[PDB]
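Only one structure is covered here, and it is reproduced in the block below.
The chains referred to below are lettered A, B, ... by the order of the sequence lines, with proteins before strands, and numbering in each begins at 1. We use all heavy atoms of the structure for the numbers below, so side chains are in, but hydrogens, waters and symmetry mates are not. Read the numbers this way: they start at 1 and go in the same order the structure lists the ligands and their atoms.
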Amino acid sequence: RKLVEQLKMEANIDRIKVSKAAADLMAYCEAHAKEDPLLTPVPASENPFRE
Amino acid sequence: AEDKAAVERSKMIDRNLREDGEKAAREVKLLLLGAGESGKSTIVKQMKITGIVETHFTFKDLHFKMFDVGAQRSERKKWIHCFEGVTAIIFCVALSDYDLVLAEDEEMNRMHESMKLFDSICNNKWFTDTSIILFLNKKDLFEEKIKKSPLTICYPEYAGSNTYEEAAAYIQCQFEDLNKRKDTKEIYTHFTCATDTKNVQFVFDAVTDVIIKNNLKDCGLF
Amino acid sequence: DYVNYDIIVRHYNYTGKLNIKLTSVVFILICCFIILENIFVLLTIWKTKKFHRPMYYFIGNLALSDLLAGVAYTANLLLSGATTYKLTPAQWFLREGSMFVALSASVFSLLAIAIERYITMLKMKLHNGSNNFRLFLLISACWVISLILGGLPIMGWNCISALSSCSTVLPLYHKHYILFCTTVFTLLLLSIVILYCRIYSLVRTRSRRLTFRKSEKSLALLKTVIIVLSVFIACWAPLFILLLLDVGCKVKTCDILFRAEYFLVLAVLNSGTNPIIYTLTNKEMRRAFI
Amino acid sequence: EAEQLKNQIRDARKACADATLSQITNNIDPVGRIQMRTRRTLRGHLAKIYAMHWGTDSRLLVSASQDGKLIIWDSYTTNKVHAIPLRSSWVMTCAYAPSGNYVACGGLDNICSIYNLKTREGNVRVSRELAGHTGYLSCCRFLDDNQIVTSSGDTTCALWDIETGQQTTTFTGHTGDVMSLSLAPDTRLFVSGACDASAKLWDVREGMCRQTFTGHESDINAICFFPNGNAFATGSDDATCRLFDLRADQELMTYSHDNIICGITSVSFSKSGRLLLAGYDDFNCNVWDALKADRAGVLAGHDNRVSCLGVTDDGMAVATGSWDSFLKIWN
Ligand SMILES: CCc1cc(/C(C)=N/OCc2ccc(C3CCCCC3)c(C(F)(F)F)c2)ccc1CN1CC(C(=O)O)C1
Ligand SMILES: *[C@@H]1O[C@H](CO)[C@@H](O)[C@H](O)[C@H]1NC(C)=O
């Protein structure tokens, strides 16, 4: 009874088409692309592990 | 103003780390394993004279740490590799478990379960060059039992007579055949009882033999 | 002097040696074989990350010594014969001292390996430390003593001042120098033999005290020690005896002293035997090779 | 009934995949080759390294080794700020409190030890020991200076109250060993991956499993939250990584390659979530492009398997810890 009870509570859940989730992930990654040092090599002067 | 102090403190910490590592490198590491109703507790009790239990004992100018992990009901393949690098593995079997069934109580012979465990451990990829000290426990109880119930109840293919020496050697051989890495590691065997007084000596000699073999392998002489 | 082409003629004439060969071809082939073997050994100790422990540096040191000995023997074969008389005494001393330095280096590398092994089996320590102080001390003493011992004749101590004291084998060497070199070889041979005997004795005595139920490592060890010592002595005994006889026999008395190339090729052969002996018995090098 | 419930879940999921992630992300420019170099090398551990965790200041980090040491490093200067002698050397995880005051660790002792760093004497004392788990400790993460979440081999997770030392909440429902966990940025949810080859999303306030995610064919060894808290990534023993979205309740992307056949030990994201760094058993760390299923870099500097992996909160550096006993800061 415990197993069916958990699954039944996992069925009545507000899902969305995967396209919307893909769009959200893509948008979020684009929005913070100008602040990711490992993605955009920062100038050596502002990098604490070079000088 | 503070970087000098920082570097000094780091150098002191390095000093202590080096000294602790040097001290820890002079200790033998033993991993203790066995089935439930084996005589593992007896081995630990006579060798001392919620998680993982460590027992430290010093014998003949040699310090040993023995780690017992019997209280891990979790899956073994997630943490067995943590013991890669121990000097040796002590494995305990109970000779009296040959006529005994498991908690299933339908066909799961206890001795077969112990054999399966020994086979899994001996041929495990993480323990290829690591030796196994085998302790066959309960030898007095076994001796008494085999006067009544023939060994055939375990190992149906066994024509040998029902006497202690013959069947005991038979089971020793059955366990030593399961070894597939028959070239890289040894399997030292010793028939324990309730009271022997010489099991620490046997473990000491086994570890000394392993040490000599490893030294010869550090040279090119092995 | 050191720039007079008449000195070599004068000494070879005194020792009775005043004169391409076929045997040179086979000897050069043997030298190429030795060079190839030692290059393989050196390449194996480098490619495998596991082989970075002190004991492996000693093996590679021996490999380098044997490679150098092969190269020196090749050069000495190329520049010998009729190229001797077209040679300045300085060039002559260089040609001979190259061989002396190389073979001495190989023997000292064998001693170095023996010393490391005897230190390791005396400690009996659970992990063997990658100590570098002795690894530098021993691998440097080898080459330094080799260069000093093999450089003495050119920096004086030769037969040029007085022709009476000339070995028949190297007519521009002083027999006392050859006696010194043979004594040094004797000390090195005794050291290596005693070291390996003590290693075997340690292993056997320690294994005797252990009580198992009804040797295996104390017999294969004896076989390995026998192989090592026997091969070494068999390869180096003919030339050592030859040079003792040379220090003894007077000029123009012993004909054997003229066909000394066979003894030299056997002693250089030991350099080819070394990689086989110190790689096949490891039983870990073999896997790393492939 | 259970079979029909699973069928309904499957159908309601397959009715959401109108188009695969690769399609919508198809045209965005590829990241190109990513090249990072070892700007530091931390030395001092004398055994395997099993876990590391960056401090929130992005300068100090803690590493746990089977040599029985918890070492707190300054990654700028490489100075060892602290060295803590753990009572049990069989550590598997370690955490750094967001405030920089405490560290945690644990392992085969089944205990979560909590150590106080800022003390009047100036030495590191053991502050608390959390003892209610029945299997080993796989992972631990503070929520603040007084709450910590732990995952265990006993197939359970726990939320603790450090002051009183009592399990405040228990999360049951996994069927295998729980191997890793990752707190959501908001600190209200957390995901756990287990040896039953499934991940679960847990509500910390309530204590119930909200969603289960499947697809992996073996143990999930690592799990990391995506920066915006609406997705996570799991690395498995089937030599694969996968990306799941909570609102879709479905698998989006799968990062794998034929040349890759070993297991995954750790996963992390870059500060923007565009790069997915995964450590592997074959001694390397691959830099996947999260949006586009394409490898874009390799961090190859270790001789044994890359056991742990981390990214700073500022996103400036990566940390790799390996069984070869060395940590490397990559930039
Ligand atoms: C005629 C044959 C010949 C012989 C030689 C000799 C005798 N090399 O001896 C090497 C040596 C090296 C090292 C040692 C040891 C010293 C102590 C430490 C361990 C090594 C010894 C030693 F003696 F000590 F054992 C000997 C050299 C060149 C030629 C060929 N030349 C071209 C030919 C010609 O032109 O006729 C002359
Ligand atoms: C060899 O030596 C003898 C006596 O010393 C001398 O008469 C003879 O001319 C020498 N031969 C040559 C070719 O110089």
**OP:** Please pick one of siponimod, otilonium bromide, masitinib as the drug found at ligand 1.
**Re:** siponimod
Original post:
Quick check: main partner chain of siponimod by heavy-atom contacts, named as in the PDB entry?
Top reply: Sphingosine 1-phosphate receptor 1
Original post:
Counting heavy atoms under 4.0 Å, which other chains neighbour siponimod?
Top reply: C
Original post:
Which chain positions lie within 4.0 Å of siponimod by heavy-atom distance?
Top reply: C/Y12, C/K17, C/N76, C/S80, C/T84, C/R95, C/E96, C/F100, C/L103, C/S104, C/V107, C/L149, C/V169, C/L170, C/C181, C/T182, C/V184, C/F185, C/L188, C/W236, C/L243, C/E261, C/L264
**OP:** Within a distance under 4.0 Å of any heavy atom of C/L188, pick out the atoms of siponimod and give their elements.
**Re:** 18 (C), 19 (C)
Subject >> Enumerated siponimod atoms positioned under 4.0 Å from heavy atoms of C/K17 >> reply: 36 (O)
Subject >> Atoms of siponimod, numbered as shown, that sit under 4.0 Å from any heavy atom of C/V169 >> reply: 4 (C), 7 (C)
Original post:
Which of the atoms of siponimod are close to C/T182, meaning less than 4.0 Å from one of its heavy atoms?
Top reply: 24 (F)
Subject >> Non-hydrogen contacts under 4.0 Å, siponimod and UniProt TM segments of chain C >> reply: 2, 3, 4, 5, 6, 7
Subject >> UniProt sphing-4-enine 1-phosphate site of chain C, residues within 4.0 Å of siponimod by heavy atom >> reply: C/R95, C/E96, C/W236
**OP:** Give the numbers and elements of all siponimod atoms closer than 4.0 Å to a heavy atom of C/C181.
**Re:** 16 (C), 17 (C), 24 (F)
Original post:
For C/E261 and siponimod, does the shortest N/O to N/O distance drop below 3.5 Å?
Top reply: no
**OP:** With heavy atoms of C/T84 as the reference, note each atom of siponimod found under 4.0 Å away.
**Re:** 35 (O)
Original post:
If you count the atoms of siponimod from 1 in the order shown, which ones are under 4.0 Å from a heavy atom of C/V184?
Top reply: 17 (C), 18 (C)
